[PDB]
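Each chain gets a letter, A, B and so on, in the order the sequences are listed, and its residues count up from 1. Computed from heavy atoms alone, side chains included, the values below leave out hydrogens, waters and symmetry copies. We count ligands from 1, going down the list as the structure has it; atoms in each ligand are counted the same way.
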Amino acid sequence: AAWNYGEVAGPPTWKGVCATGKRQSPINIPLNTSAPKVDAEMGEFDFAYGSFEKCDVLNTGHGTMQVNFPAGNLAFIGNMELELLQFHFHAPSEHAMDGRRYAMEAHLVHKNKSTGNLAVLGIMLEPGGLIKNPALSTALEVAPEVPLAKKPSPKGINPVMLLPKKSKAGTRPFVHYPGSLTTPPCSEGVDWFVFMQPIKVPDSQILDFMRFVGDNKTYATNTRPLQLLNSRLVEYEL
Amino acid sequence: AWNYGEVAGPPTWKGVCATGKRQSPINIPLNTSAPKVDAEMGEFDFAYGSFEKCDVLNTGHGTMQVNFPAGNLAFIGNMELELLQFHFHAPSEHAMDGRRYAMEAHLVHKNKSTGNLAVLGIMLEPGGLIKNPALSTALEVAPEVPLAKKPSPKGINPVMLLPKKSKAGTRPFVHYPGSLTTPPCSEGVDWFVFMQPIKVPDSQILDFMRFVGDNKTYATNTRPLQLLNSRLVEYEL
Ligand SMILES: CC(=O)Nc1nnc(S(N)(=O)=O)s1
Ligand SMILES: CC(=O)Nc1nnc(S(N)(=O)=O)s1
Ligand SMILES: O=P([O-])(O)O
Ligand SMILES: O=P([O-])(O)O
Ligand SMILES: O=P([O-])(O)O
Ligand SMILES: O=P([O-])(O)O
Ligand SMILES: [Zn+2]
Ligand SMILES: [Zn+2]
């Protein structure tokens, strides 16, 4: 006969824009493509994440924990101003780079003060890290095991720590594209910025997270399959 | 109200897979308020070679599969089990008081007394500071092409996939009648599950999850827990 373990059963049954939209996330992000690449001409991100003491850690009942920030944490790119709302994680990564996913993907979700949209910053987490990632760590420690339950972090959580390090040219290369939320209702009009430089992380933390995703009784994943690019193009700021 | 869910594959599996009342894996109650019936079976005695020349196969269903020659014998309850092959599942397929471990190793045997299959399950825990060399070689030698096999250059010591003897010289375990955990999910299999996990490095658990994801993602290859039904788990603690 013919059989597999297959993928998680839920995502191909999500309704509304999840099924109908044509600007859905995530997507494959070509790198080693011969195909020529539209430059984003947006310049480089600058971060003003200061108001990061006093955080809530929330158990979404959807695998990941969610760190909620108070107003005042700002990032700038192009002329646009981005106010940080929350961050969370996916394992394995949601976006892919030439077909290949990573151990985790961090999602920093912002209100886009300039467009009225949301903007999601996306960072790849790789295994190999010698230092625990402090933001990830605290998110792991504080996160209520009871689902739906949220409780305030006693430690401060610096979300800049989820950003890749600057290159040997001042930059943090990224791709930009219009897409959606990767969970229901998958609303569109989200600006996606996926950085190309992964951050290394001790394997303990990746297993700790997949453990959290598995209700602390197994190891599990919380990722959506890749979606068609369709009419879009991806903008590179390499 | 929406979710990611469990993998979509196993609930569709047909045959005995879907109809059997004696299926694996199951939950192994330890700290329960129910009486534990002792298996009274004695302890395992292992005579496994230390540097076996093995074929490593890519099952094309997640795990690689290490095949052995004859000579690797496990003795229990006055029976002779011979090792056919090992492979892995991530997370563990058995649970223990509801909880699964990072991986489970399955050492499959032919009961030479009976001719029926027996499987030994060992939990693999993260935390380990020492690379387990059997899992290591199995990851290294595993052919990339599905259903292909390649002989290993290095010997494999399958005893490395078994837990150390305790302070009292035991390797406590549980015994129950079950099935293959993959189609045809044939029943009549004797399951022995060791209570003591082995620590392996987090690197290797991830390597394995990577293999299951065919080097492009991180996946699992575990069947969901089954109902004990009318069955009894017997204990050798
Ligand atoms: C209010 C809000 O931020 N909702 C989100 N839903 N999904 C997100 S994701 N995984 O696509 O970044 S963010
Ligand atoms: C021939 C044979 O042994 N087939 C098996 N299929 N699944 C196995 S498991 N995971 O239940 O040990 S063994
Ligand atoms: O090889 P590592 O990146 O899993 O330590
Ligand atoms: O050879 P063993 O069964 O004592 O390890
Ligand atoms: O069978 P033994 O020699 O390991 O006790
Ligand atoms: O190193 P640990 O935290 O995975 O046991
Ligand atoms: Zn997300
Ligand atoms: Zn198995």
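In this structure, the drug modeled at ligand 2 is acetazolamide. Short version: main partner of acetazolamide (ligand 2), named per the PDB entry, is Carbonic anhydrase, alpha type. Other chains reaching under 4.0 Å from acetazolamide (ligand 2) with at least one heavy atom: B.
Applying a cut-off of 4.0 Å to heavy atoms, one finds the binding site of acetazolamide (ligand 2) to be B/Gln85, B/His87, B/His89, B/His106, B/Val108, B/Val119, B/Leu180, B/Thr181, B/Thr182, B/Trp191.
Between B/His89 and acetazolamide (ligand 2), at least one N/O pair is under 3.5 Å apart. Put simply, atom 1 (C) of acetazolamide (ligand 2) has no protein non-hydrogen atoms near it, under 4.0 Å away.
Here the protein heavy atom with the shortest distance to atom 6 (N) of acetazolamide (ligand 2) is B/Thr182 OG1, 3.1 Å. Considering only non-hydrogen protein atoms, atom 13 (S) of acetazolamide (ligand 2) sits nearest to B/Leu180 CD2, 3.5 Å. For atom 11 (O) of acetazolamide (ligand 2), the closest non-hydrogen atom of the protein is B/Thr181 N, 2.7 Å. Against a heavy-atom cut-off of under 4.0 Å, B/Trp191 is close to the following atoms of acetazolamide (ligand 2): 11 (O).
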